[PDB]
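Residue numbers start at 1 and run along the sequence shown. Looking at the header, which is where the method is noted, we find X-ray crystallography, 1.7 Å. Start at 1 and go down the list; that is how both ligands and their atoms are numbered.
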Amino acid sequence: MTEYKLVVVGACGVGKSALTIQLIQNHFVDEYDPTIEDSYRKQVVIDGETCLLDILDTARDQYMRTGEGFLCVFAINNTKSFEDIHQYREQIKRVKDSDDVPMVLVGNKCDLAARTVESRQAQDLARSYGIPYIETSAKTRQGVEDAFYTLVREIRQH
Ligand SMILES: *CCC(=O)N1CCN(c2nc(=O)n(-c3c(C)ccnc3C(C)C)c3nc(-c4c(O)cccc4F)c(F)cc23)[C@@H](C)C1
Ligand SMILES: Nc1nc2c(ncn2[C@@H]2O[C@H](COP(=O)(O)OP(=O)(O)O)[C@@H](O)[C@H]2O)c(=O)[nH]1
Ligand SMILES: [Mg+2]
(Lines of atoms letter the chains of each structure in order from A and count residues from 1; the text may use other names and numbers.)
(Lines give C-alpha, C1' and ligand atoms only; values in the text may rest on other atoms or scores of the structure.)
(Ligands and ions follow the chains in the order given, each with its own letter.)
Protein backbone atom coordinates (compact mmCIF):
# COMPACT_ATOMS: atom_id res chain seq x y z
CA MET A 1 0.00 0.00 0.00
CA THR A 2 1.34 3.31 -1.24
CA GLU A 3 1.72 6.64 0.52
CA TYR A 4 1.40 10.10 -0.99
CA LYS A 5 2.71 13.17 0.85
CA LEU A 6 0.56 16.18 0.01
CA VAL A 7 0.90 19.80 1.15
CA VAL A 8 -1.97 22.31 1.09
CA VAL A 9 -0.80 25.91 0.71
CA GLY A 10 -2.31 29.32 0.08
CA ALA A 11 -3.29 32.56 1.77
CA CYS A 12 -5.15 32.86 5.08
CA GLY A 13 -8.84 32.16 4.93
CA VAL A 14 -9.07 30.47 1.54
CA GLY A 15 -10.32 27.17 2.98
CA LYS A 16 -7.16 25.05 3.35
CA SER A 17 -8.41 23.60 6.62
CA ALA A 18 -12.04 23.33 5.52
CA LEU A 19 -10.98 21.45 2.40
CA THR A 20 -8.82 19.04 4.37
CA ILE A 21 -11.52 18.47 7.00
CA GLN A 22 -14.14 17.93 4.29
CA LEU A 23 -11.89 15.33 2.64
CA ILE A 24 -11.17 13.46 5.88
CA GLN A 25 -14.50 13.66 7.72
CA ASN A 26 -17.20 14.68 5.22
CA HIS A 27 -18.08 17.74 7.31
CA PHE A 28 -17.92 21.48 6.60
CA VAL A 29 -16.28 23.43 9.42
CA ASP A 30 -17.69 26.93 9.82
CA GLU A 31 -14.59 28.11 11.66
CA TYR A 32 -11.31 26.30 12.23
CA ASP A 33 -8.46 27.76 14.28
CA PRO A 34 -6.32 29.63 11.71
CA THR A 35 -3.15 28.86 13.69
CA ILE A 36 -3.47 25.05 13.76
CA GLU A 37 -0.97 23.52 11.33
CA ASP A 38 -0.99 19.73 11.39
CA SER A 39 -0.75 16.69 9.15
CA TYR A 40 -3.64 14.31 8.60
CA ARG A 41 -3.85 10.79 7.27
CA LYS A 42 -6.51 9.22 5.11
CA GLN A 43 -6.77 5.78 3.57
CA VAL A 44 -8.11 5.97 0.02
CA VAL A 45 -8.47 3.71 -2.99
CA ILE A 46 -7.51 5.64 -6.12
CA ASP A 47 -7.69 3.83 -9.47
CA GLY A 48 -7.72 0.45 -7.75
CA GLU A 49 -4.69 1.16 -5.54
CA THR A 50 -4.97 1.47 -1.77
CA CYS A 51 -3.08 4.55 -0.62
CA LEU A 52 -2.44 6.37 2.64
CA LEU A 53 -2.52 10.11 2.06
CA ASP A 54 -0.34 12.23 4.34
CA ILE A 55 -1.67 15.80 4.14
CA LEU A 56 -0.06 18.87 5.69
CA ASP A 57 -2.59 21.68 6.27
CA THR A 58 -0.34 24.75 6.48
CA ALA A 59 -1.15 27.60 8.85
CA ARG A 60 6.88 22.38 8.19
CA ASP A 61 10.37 22.28 6.71
CA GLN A 62 10.24 18.47 6.70
CA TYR A 63 7.06 18.31 4.61
CA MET A 64 8.24 20.91 2.11
CA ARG A 65 11.42 18.92 1.50
CA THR A 66 9.82 15.48 1.19
CA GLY A 67 6.35 16.57 0.08
CA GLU A 68 5.47 15.09 -3.29
CA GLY A 69 2.66 17.38 -4.42
CA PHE A 70 1.07 20.66 -3.52
CA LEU A 71 -2.46 22.07 -3.66
CA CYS A 72 -2.25 25.80 -4.43
CA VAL A 73 -5.50 27.05 -2.91
CA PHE A 74 -7.19 30.40 -3.44
CA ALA A 75 -10.83 31.43 -2.96
CA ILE A 76 -12.87 32.53 -5.96
CA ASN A 77 -14.25 35.45 -3.92
CA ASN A 78 -10.80 36.56 -2.73
CA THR A 79 -8.87 38.31 -5.50
CA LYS A 80 -5.83 38.89 -3.27
CA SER A 81 -5.57 35.17 -2.52
CA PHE A 82 -5.51 34.45 -6.26
CA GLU A 83 -2.84 37.09 -6.86
CA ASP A 84 -0.86 35.53 -3.98
CA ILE A 85 -0.66 32.17 -5.79
CA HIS A 86 2.43 33.29 -7.72
CA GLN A 87 4.31 33.81 -4.46
CA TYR A 88 3.36 30.37 -3.13
CA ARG A 89 4.49 28.70 -6.34
CA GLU A 90 7.77 30.63 -6.20
CA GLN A 91 8.38 29.31 -2.66
CA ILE A 92 7.72 25.73 -3.78
CA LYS A 93 10.08 26.17 -6.74
CA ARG A 94 12.81 27.37 -4.39
CA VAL A 95 12.39 24.52 -1.89
CA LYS A 96 12.30 21.93 -4.72
CA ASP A 97 14.84 23.67 -7.03
CA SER A 98 12.45 22.84 -9.85
CA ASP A 99 9.48 24.25 -11.72
CA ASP A 100 8.43 20.65 -12.46
CA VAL A 101 6.68 19.84 -9.18
CA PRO A 102 3.27 18.08 -8.99
CA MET A 103 0.75 20.83 -8.25
CA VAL A 104 -2.95 21.49 -8.69
CA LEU A 105 -4.47 24.97 -8.66
CA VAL A 106 -7.62 24.93 -6.50
CA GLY A 107 -10.28 27.65 -6.62
CA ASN A 108 -12.33 27.18 -3.45
CA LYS A 109 -15.69 28.56 -2.18
CA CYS A 110 -17.44 27.88 -5.48
CA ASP A 111 -20.78 27.80 -3.63
CA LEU A 112 -20.57 31.57 -3.06
CA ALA A 113 -22.20 34.01 -5.44
CA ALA A 114 -20.60 36.88 -7.36
CA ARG A 115 -17.11 35.43 -7.77
CA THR A 116 -14.32 37.97 -8.23
CA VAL A 117 -11.91 35.52 -9.90
CA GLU A 118 -13.28 34.12 -13.14
CA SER A 119 -12.77 30.46 -13.97
CA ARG A 120 -11.06 31.67 -17.17
CA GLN A 121 -8.53 33.68 -15.15
CA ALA A 122 -7.60 30.67 -13.05
CA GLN A 123 -7.46 28.36 -16.07
CA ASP A 124 -5.02 30.81 -17.67
CA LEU A 125 -2.85 30.86 -14.55
CA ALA A 126 -2.80 27.06 -14.33
CA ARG A 127 -2.00 26.80 -18.04
CA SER A 128 0.99 29.09 -17.52
CA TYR A 129 2.23 26.73 -14.78
CA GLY A 130 1.39 23.60 -16.77
CA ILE A 131 -0.94 22.28 -14.05
CA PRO A 132 -4.65 21.48 -13.69
CA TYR A 133 -7.20 23.93 -12.31
CA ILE A 134 -10.05 22.49 -10.21
CA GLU A 135 -12.87 24.44 -8.54
CA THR A 136 -14.03 23.24 -5.14
CA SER A 137 -16.49 23.94 -2.36
CA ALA A 138 -15.48 22.72 1.09
CA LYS A 139 -19.06 23.56 2.09
CA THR A 140 -20.86 21.35 -0.47
CA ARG A 141 -17.93 18.93 -1.12
CA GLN A 142 -18.12 19.66 -4.88
CA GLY A 143 -14.74 18.96 -6.44
CA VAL A 144 -12.98 18.17 -3.14
CA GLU A 145 -12.18 14.55 -3.95
CA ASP A 146 -11.33 15.62 -7.51
CA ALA A 147 -8.74 18.12 -6.28
CA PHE A 148 -6.91 15.75 -3.95
CA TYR A 149 -7.16 12.72 -6.24
CA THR A 150 -6.00 14.71 -9.27
CA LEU A 151 -2.95 15.77 -7.25
CA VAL A 152 -2.25 12.06 -6.67
CA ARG A 153 -2.58 11.41 -10.41
CA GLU A 154 -0.17 14.29 -11.05
CA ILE A 155 2.37 12.80 -8.65
CA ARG A 156 2.07 9.51 -10.53
CA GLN A 157 3.06 11.22 -13.78
CA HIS A 158 6.24 12.37 -12.07
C1 LIG B 1 -4.68 32.47 8.14
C2 LIG B 1 -3.36 31.76 8.45
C3 LIG B 1 -2.80 30.87 7.32
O4 LIG B 1 -3.44 30.05 6.76
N5 LIG B 1 -1.43 31.00 6.93
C6 LIG B 1 -0.91 30.18 5.92
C7 LIG B 1 0.59 30.11 6.05
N8 LIG B 1 1.24 31.45 5.84
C9 LIG B 1 2.44 31.72 5.05
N10 LIG B 1 2.82 32.99 5.01
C11 LIG B 1 3.88 33.35 4.30
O12 LIG B 1 4.25 34.70 4.27
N13 LIG B 1 4.62 32.48 3.64
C14 LIG B 1 5.76 32.98 2.89
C15 LIG B 1 7.03 32.93 3.44
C16 LIG B 1 7.26 32.35 4.83
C17 LIG B 1 8.07 33.44 2.69
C18 LIG B 1 7.81 33.96 1.43
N19 LIG B 1 6.58 33.99 0.93
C20 LIG B 1 5.56 33.52 1.63
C21 LIG B 1 4.16 33.57 1.01
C22 LIG B 1 3.77 35.00 0.68
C23 LIG B 1 4.11 32.70 -0.25
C24 LIG B 1 4.30 31.15 3.64
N25 LIG B 1 5.09 30.29 2.93
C26 LIG B 1 4.85 28.98 2.91
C27 LIG B 1 5.74 28.06 2.09
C28 LIG B 1 7.09 27.95 2.34
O29 LIG B 1 7.65 28.70 3.39
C30 LIG B 1 7.87 27.10 1.57
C31 LIG B 1 7.29 26.37 0.54
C32 LIG B 1 5.93 26.49 0.27
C33 LIG B 1 5.16 27.34 1.05
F34 LIG B 1 3.82 27.46 0.80
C35 LIG B 1 3.75 28.46 3.60
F36 LIG B 1 3.46 27.13 3.62
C37 LIG B 1 2.94 29.33 4.32
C38 LIG B 1 3.21 30.73 4.35
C39 LIG B 1 0.49 32.52 6.58
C40 LIG B 1 -0.23 33.50 5.63
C41 LIG B 1 -0.54 31.93 7.53
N1 LIG C 1 -18.99 29.31 1.80
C2 LIG C 1 -17.80 28.66 1.91
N3 LIG C 1 -17.01 28.99 2.97
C4 LIG C 1 -15.81 28.37 3.13
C5 LIG C 1 -15.37 27.35 2.18
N6 LIG C 1 -14.17 26.92 2.60
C7 LIG C 1 -13.85 27.61 3.71
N8 LIG C 1 -14.85 28.45 4.03
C9 LIG C 1 -14.89 29.38 5.15
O10 LIG C 1 -13.79 30.27 5.01
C11 LIG C 1 -13.22 30.56 6.29
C12 LIG C 1 -11.76 30.18 6.30
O13 LIG C 1 -11.64 28.78 6.10
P14 LIG C 1 -10.36 28.01 6.67
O15 LIG C 1 -10.48 26.56 6.33
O16 LIG C 1 -10.15 28.30 8.14
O17 LIG C 1 -9.20 28.70 5.77
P18 LIG C 1 -7.60 28.53 5.93
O19 LIG C 1 -7.10 29.75 6.68
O20 LIG C 1 -7.04 28.48 4.53
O21 LIG C 1 -7.28 27.25 6.66
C22 LIG C 1 -14.03 29.75 7.30
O23 LIG C 1 -15.01 30.61 7.89
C24 LIG C 1 -14.73 28.68 6.47
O25 LIG C 1 -16.00 28.26 7.00
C26 LIG C 1 -16.28 27.06 1.06
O27 LIG C 1 -15.95 26.22 0.19
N28 LIG C 1 -17.46 27.74 0.99
MG1 LIG D 1 -6.39 26.69 8.47
- Task: Name the drug or drug candidate found at ligand 1.
- Result: sotorasib (bound form)
- Message: Trying to figure out what sotorasib (bound form, ligand 1) is stuck to here - the chain with the largest number of contacts. What's it called in the PDB entry?
- Response: GTPase HRas
- Task: Could you name the option among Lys16, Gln91, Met64 that has the heavy atom nearest to atom 36 (F) of sotorasib (bound form, ligand 1)?
- Result: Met64
- Item | Nearest-neighbour protein heavy atom for atom 39 (C) of sotorasib (bound form, ligand 1), which is reported as residue plus atom name and distance | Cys12 SG, 4.3 Å
- Task: Please check if a non-hydrogen protein atom sits closer than 4.0 Å to atom 29 (O) of sotorasib (bound form, ligand 1).
- Result: yes
- Looking only at protein heavy atoms, which one is nearest to atom 22 (C) of sotorasib (bound form, ligand 1), and how far off is it? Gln87 OE1, 3.6 Å
- Where on the polymer does the covalent link from sotorasib (bound form, ligand 1) land: which residue and which atom? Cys12 SG
- Does the protein put a heavy atom less than 4.0 Å from atom 4 (O) of sotorasib (bound form, ligand 1)? yes
- Heavy-atom protein neighbour under 4.0 angstrom from atom 18 (C) of sotorasib (bound form, ligand 1): yes
- Task: Give the residue, atom name and distance (to 0.1 Å) of the protein heavy atom nearest atom 7 (C) of sotorasib (bound form, ligand 1).
- Result: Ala59 C, 3.9 Å
- Per-atom contacts of sotorasib (bound form, ligand 1) with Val9, taking only distances under 4.0 Å to non-hydrogen atoms: 34 (F)
- Message: Under 4.0 Å, counting heavy atoms only: does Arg60 come that close to any atom of sotorasib (bound form, ligand 1)?
- Response: yes
- Right, does atom 41 (C) of sotorasib (bound form, ligand 1) have protein non-hydrogen atoms nearer than 4.0 Å? yes
- How far is atom 24 (C) of sotorasib (bound form, ligand 1) from its nearest protein heavy atom, and which residue and atom name does that atom have? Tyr88 CE2, 4.0 Å
- Task: State which other ligands or ions come closer than 4.0 Å to sotorasib (bound form, ligand 1).
- Result: ligand 2 (guanosine-5'-diphosphate)
- Message: Could you pull out the residues near sotorasib (bound form, ligand 1) at 4.0 Å? Heavy atoms only, by chain and number.
- Response: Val9, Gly10, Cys12, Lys16, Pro34, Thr58, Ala59, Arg60, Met64, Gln87, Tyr88, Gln91, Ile92, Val95
